[PDB]
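Structural view - bedaquiline in its complex with ATP synthase subunit c.
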Amino acid sequence: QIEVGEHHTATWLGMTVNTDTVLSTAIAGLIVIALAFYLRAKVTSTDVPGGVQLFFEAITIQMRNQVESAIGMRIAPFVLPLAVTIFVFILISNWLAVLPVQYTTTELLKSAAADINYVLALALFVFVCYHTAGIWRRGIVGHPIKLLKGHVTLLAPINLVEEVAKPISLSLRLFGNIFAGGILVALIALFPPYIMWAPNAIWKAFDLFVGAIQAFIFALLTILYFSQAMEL
Amino acid sequence: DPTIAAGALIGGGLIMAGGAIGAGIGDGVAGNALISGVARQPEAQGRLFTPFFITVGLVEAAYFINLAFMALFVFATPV
Amino acid sequence: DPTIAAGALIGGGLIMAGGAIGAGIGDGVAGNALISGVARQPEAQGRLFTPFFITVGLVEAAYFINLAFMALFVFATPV
Amino acid sequence: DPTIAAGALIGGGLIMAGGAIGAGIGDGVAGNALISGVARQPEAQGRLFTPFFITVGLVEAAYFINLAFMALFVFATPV
Amino acid sequence: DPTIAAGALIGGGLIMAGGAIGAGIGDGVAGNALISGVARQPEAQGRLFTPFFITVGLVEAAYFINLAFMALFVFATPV
Amino acid sequence: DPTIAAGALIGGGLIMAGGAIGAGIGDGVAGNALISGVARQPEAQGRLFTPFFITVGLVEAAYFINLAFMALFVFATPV
Amino acid sequence: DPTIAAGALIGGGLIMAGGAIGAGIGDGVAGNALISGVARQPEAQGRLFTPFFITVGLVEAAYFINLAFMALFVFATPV
Amino acid sequence: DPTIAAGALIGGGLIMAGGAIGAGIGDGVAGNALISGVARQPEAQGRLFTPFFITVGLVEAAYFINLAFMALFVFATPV
Amino acid sequence: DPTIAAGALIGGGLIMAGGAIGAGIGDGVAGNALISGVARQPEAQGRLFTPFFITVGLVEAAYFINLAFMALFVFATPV
Amino acid sequence: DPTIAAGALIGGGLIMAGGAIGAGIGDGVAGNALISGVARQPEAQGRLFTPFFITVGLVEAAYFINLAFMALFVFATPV
Ligand SMILES: COc1nc2ccc(Br)cc2cc1[C@@H](c1ccccc1)[C@@](O)(CCN(C)C)c1cccc2ccccc12
Ligand SMILES: COc1nc2ccc(Br)cc2cc1[C@@H](c1ccccc1)[C@@](O)(CCN(C)C)c1cccc2ccccc12
Ligand SMILES: COc1nc2ccc(Br)cc2cc1[C@@H](c1ccccc1)[C@@](O)(CCN(C)C)c1cccc2ccccc12
Ligand SMILES: COc1nc2ccc(Br)cc2cc1[C@@H](c1ccccc1)[C@@](O)(CCN(C)C)c1cccc2ccccc12
Ligand SMILES: COc1nc2ccc(Br)cc2cc1[C@@H](c1ccccc1)[C@@](O)(CCN(C)C)c1cccc2ccccc12
Ligand SMILES: COc1nc2ccc(Br)cc2cc1[C@@H](c1ccccc1)[C@@](O)(CCN(C)C)c1cccc2ccccc12
Ligand SMILES: COc1nc2ccc(Br)cc2cc1[C@@H](c1ccccc1)[C@@](O)(CCN(C)C)c1cccc2ccccc12
């Protein structure tokens with residue numbers, strides 16, 4: 001009956017790649033790039049802002065207030081662009097699931113966060129970034145000892161377990177959440193149509209809020225992990 | 001295979017039972033503080049959001065990491 | 001098949017057991033804050049429903065996912 | 001059949017166990033706030049029944065859905 | 001029969017275990033508010049029994065319905 | 001019976017397990033309010049015992065009913 | 001005998017599992033009120049031991065009765 | 001022996017599972033009042049260790065007795 | 001292994017069930033104090049994060065340590 | 001062994017399930033008082049670490065002792 005782990009795979013460089021996930025990641029990237037070029041054309045400081053300017057201003061002021069509260073914009077200015085792109089890129093990648101792309105069952109487009117490779121690309125990039133930023137501020141060897149010491153030096157094994165748990169939590173929370181939605185839509189499609197639409201619309205409506213809340217959790221927790229890596 | 005398949009369904013059912021308990025109660029306990037804070041300060045709804053979604057993100061990890069491993073047990077069993 | 005069928009029914013029963021514990025207690029704990037908030041400020045009711053239905057919506061999302069996976073186990077068994 | 005029937009009785013027993021845990025604690029936790037608000041202000045009783053019966057409606061619903069799936073498992077076994 | 005009778009005894013045991021957990025904790029949590037209300041205001045005793053017996057009636061309904069389904073399982077087994 | 005007796009012992013063990021969880025936590029939660037009432041004003045000690053023994057009477061009753069149905073299951077097994 | 005003996009060890013293990021959950025949480029919840037009374041009013045220690053040992057006597061009675069029925073199940077098995 | 005041995009390991013596992021739930025939650029709930037007492041009354045750190053170690057003594061006695069009966073089940077099995 | 005693999009899946013499922021219960025509730029209970037502290041004092045967030053992430057560090061370590069022992073049971077089974 | 005080894009994995013899984021429930025909730029409940037103390041009394045963070053690590057040491061002792069007995073059950077099985 002059901003299927004879940006399958007992908008439209010290809011070999012690109014001896015490495016095995018998914019055609020789905022990658023095209024969905026490309027569509028999310030192209031939508032975010034197009035929306036950013038629309039801002040670059042239409043942005044006004046003198047004249048009253050349009051909706052796309054109001055959107056990026058609301059996200060930028062929100063993520064700036066978080067960076068400024070957590071660590072300071074003078075210390076960590078590179079975290080603001082990263083928090084903004086993490087939010088907007090996850091948000092669009094999640095919200096593309098609202099499209100009616102299911103058919104007799106298969107979908108023309110998976111949400112990219114239903115693939116472990118996508119969430120590892122985001123989480124392991126963020127992990128390398130806050131450790132590299134943490135080293136550039138806490139020292140090459142000074143940083144690694146502060147990761148062990150934490151706030152209470154006797155807890156050093158628990159502090160090491162926290163540093164291992166962060167990239168795994170970022171990965172598997174985002175994956176497990178969007179992957180759950182991917183399983184729910186195929187088991188809802190076991191209903192006949194006269195009734196299928198009601199559980200489907202209930203799920204897709206809450207999956208818009210959940211898809212936005214995910215994007216926000218990943219962006220907030222990214223800013224906090226930068227603040228912990230750059231403290232003292 | 002059939003004894004392993006029953007173990008996968010019972011083991012997977014445990015993972016989702018403990019996930020829903022942990023996260024459903026954890027979100028009720030976290031959201032109780034949001035509703036109480038806004039009740040003390042109506043205008044503080046926006047302020048609590050950040051602490052609230054930090055808390056919900058930590059609680060919901062226990063659900064969704066469990067859901068990843070339940071799905072592994074029932075769709076792609078470790079044995 | 002009968003071993004897998006018993007595992008599906010026990011596994012599906014665990015999923016809805018943990019579902020009702022998580023949801024019933026999570027909703028009771030969130031609703032305790034709504035009742036206590038409307039005790040403190042009668043005019044806050046309409047505002048307190050935003051924190052409450054955010055909290056209950058997150059708790060009920062976990063119940064709806066558990067309900068979906070129990071239905072999968074018993075009507076469309078994964079193994 | 002006997003293995004499927006025992007799985008249905010254990011599975012149905014889990015569903016109603018988690019149902020009464022979720023409902024009994026959810027209702028006790030919700031009603032604790034009603035009793036506390038009527039201790040604080042005797043008249044409040046008329047306004048506090050709205051937050052209370054919203055909460056009790058959500059908590060009962062988890063009991064009634066579990067009761068319906070237990071009844072399905074033992075009287076009309078899905079497998 | 002012997003497999004179904006053992007499953008009925010374990011299934012009925014689960015129903016009464018979850019019934020007593022839900023009821024004993026639900027009544028303790030409801031009664032904690034009654035004792036705390038009579039602590040703060042002695043003259044409230046009479047009025048507090050309406051919120052209390054509304055809450056206890058909901059908790060005791062979940063116990064009695066579980067007790068009825070346990071009795072069905074072990075004396076009048078559904079299969 | 002070897003199989004029915006094992007199900008009767010596991011079923012009876014579940015009944016007394018959930019019985020003691022419900023009882024011990026219900027009594028601790030009710031007694032926490034009694035101790036906190038006598039802590040805030042000791043002149044209340046004579047009045048608080050009616051709310052307390054109403055609460056403990058309900059919590060104990062759930063223990064005694066579980067203890068009676070465990071005794072039925074192990075000494076006078078329904079099959 | 002081995003099937004009945006395994007049922008007696010699992011059933012006996014459940015009785016002592018539920019006893020320690022009930023008692024350890026019930027005593028922690030009662031003792032939280034004792035510690036909080038002595039924090040706020042240091043002279044109250046002597047009077048609070050009456051509400052405390054009334055509470056703890058009820059909680060520990062559930063533990064000791066469970067310990068007695070576990071001992072019956074494993075040493076003096078009802079079948 | 002092997003079916004009794006599986007029952008001894010599952011039975012002993014239940015005893016230490018319920019032991020650690022009773023202990024860890026009982027100790028956290030007791031210690032929450034100790035930490036809160038030293039927060040409010042900064043000179044109360046001392047007097048509080050008597051109510052705290054009375055509470056922890058009751059909670060840890062349930063853990064040690066469960067540890068003793070688990071050791072009996074797995075090393076010196078009652079059957 | 002057919003039976004050892006089923007025992008590994010049920011055992012690994014238990015490890016992750018208790019992991020998510022402990023973690024989801026422990027984080028919700030810790031985050032309730034963060035949300036309430038930032039509700040009462042908006043500038044307190046920065047000082048409250050340190051206690052919060054010490055607490056969340058201990059709670060998230062428990063679940064993750066379990067996640068590692070579940071992975072041992074199901075991928076590299078001790079028998 | 002298929003039976004003893006499966007009983008060891010289920011028994012060891014129960015030990016670590018109850019371990020993580022007791023630990024995660026005990027640490028969350030203890031750290032809730034630490035975060036609340038650093039909220040209300042901002043100077044207290046030095047004095048609160050003694051009550052906090054006394055409480056966490058008691059809670060983590062139950063987890064580590066459970067981990068030691070799970071390790072015994074699966075690597076060095078008592079029977
Ligand atoms: C508040 O209700 C919801 N909120 C949600 C929020 C998010 C998501 Br993603 C799913 C949600 C789903 C629902 C309900 C719903 C309504 C309609 C169709 C399907 C599901 C619900 O699941 C509630 C269960 N709770 C109360 C225990 C339900 C299920 C089954 C039977 C019901 C019978 C009666 C009432 C509700 C019933
Ligand atoms: C408050 O009552 C409700 N509110 C609900 C709210 C939402 C939904 Br969707 C379902 C609800 C259902 C009910 C009851 C009901 C009334 C009539 C028929 C069916 C169900 C109930 O389920 C309550 C159980 N509680 C109290 C543990 C019940 C079930 C079975 C036997 C009962 C016997 C006596 C009384 C109530 C009985
Ligand atoms: C308060 O009592 C109730 N309130 C209810 C409220 C709603 C509903 Br719908 C059912 C309710 C049922 C009852 C009792 C009752 C009284 C008479 C007959 C049947 C049931 C009860 O179930 C209480 C159990 N509690 C206390 C754990 C009970 C059951 C069995 C044996 C008892 C022995 C002694 C006393 C009570 C006994
Ligand atoms: C408070 O005591 C009660 N209140 C009740 C309230 C309602 C109902 Br309907 C039954 C109630 C029953 C009792 C006791 C009782 C007293 C005498 C005979 C039978 C039952 C009890 O059940 C208490 C168990 N609790 C404390 C865990 C008990 C049972 C078994 C052995 C006991 C040994 C010592 C003490 C109490 C013992
Ligand atoms: C407070 O102690 C009690 N109060 C009770 C109250 C009511 C009833 Br009816 C029985 C009660 C029984 C006891 C103890 C007791 C003392 C002596 C003999 C038998 C039982 C106890 O059961 C306490 C267990 N708790 C603490 C988890 C116990 C059992 C086993 C071994 C123990 C070893 C050391 C200490 C206590 C030990
Ligand atoms: C606070 O840490 C402790 N405090 C204790 C207090 C008392 C006693 Br008697 C034992 C204690 C043991 C420990 C840890 C420890 C540290 C070193 C070796 C062995 C045990 C711990 O058990 C903590 C588990 N908790 C957090 C769920 C642990 C176990 C296994 C793997 C870990 C990996 C990373 C970190 C901690 C790890
Ligand atoms: C506070 O410690 C106690 N208080 C008690 C109070 C009453 C009674 Br009657 C028994 C008590 C027993 C103990 C310990 C103890 C100390 C020495 C020997 C035996 C038992 C303990 O049981 C604590 C377990 N807790 C913390 C989960 C323990 C058991 C096993 C291994 C341990 C290893 C390290 C530390 C403690 C260890």
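The sequence lines fix the lettering, A, B, ..., with proteins before strands; numbering per chain opens at 1. Atoms within each ligand, like the ligands themselves, are counted from 1 in listed order. This entry, so its header tells us, was determined using electron microscopy, 2.8 Å. All heavy atoms count here, side chains included; hydrogens, waters and symmetry mates do not.
With a cut-off of 4.0 Å on heavy atoms, the other chains touching bedaquiline (ligand 5) are G, H. Binding site of bedaquiline (ligand 5), heavy atoms within 4.0 Å: G/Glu60, G/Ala61, G/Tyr63, G/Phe64, G/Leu67, H/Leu58, H/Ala61, H/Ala62, H/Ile65.
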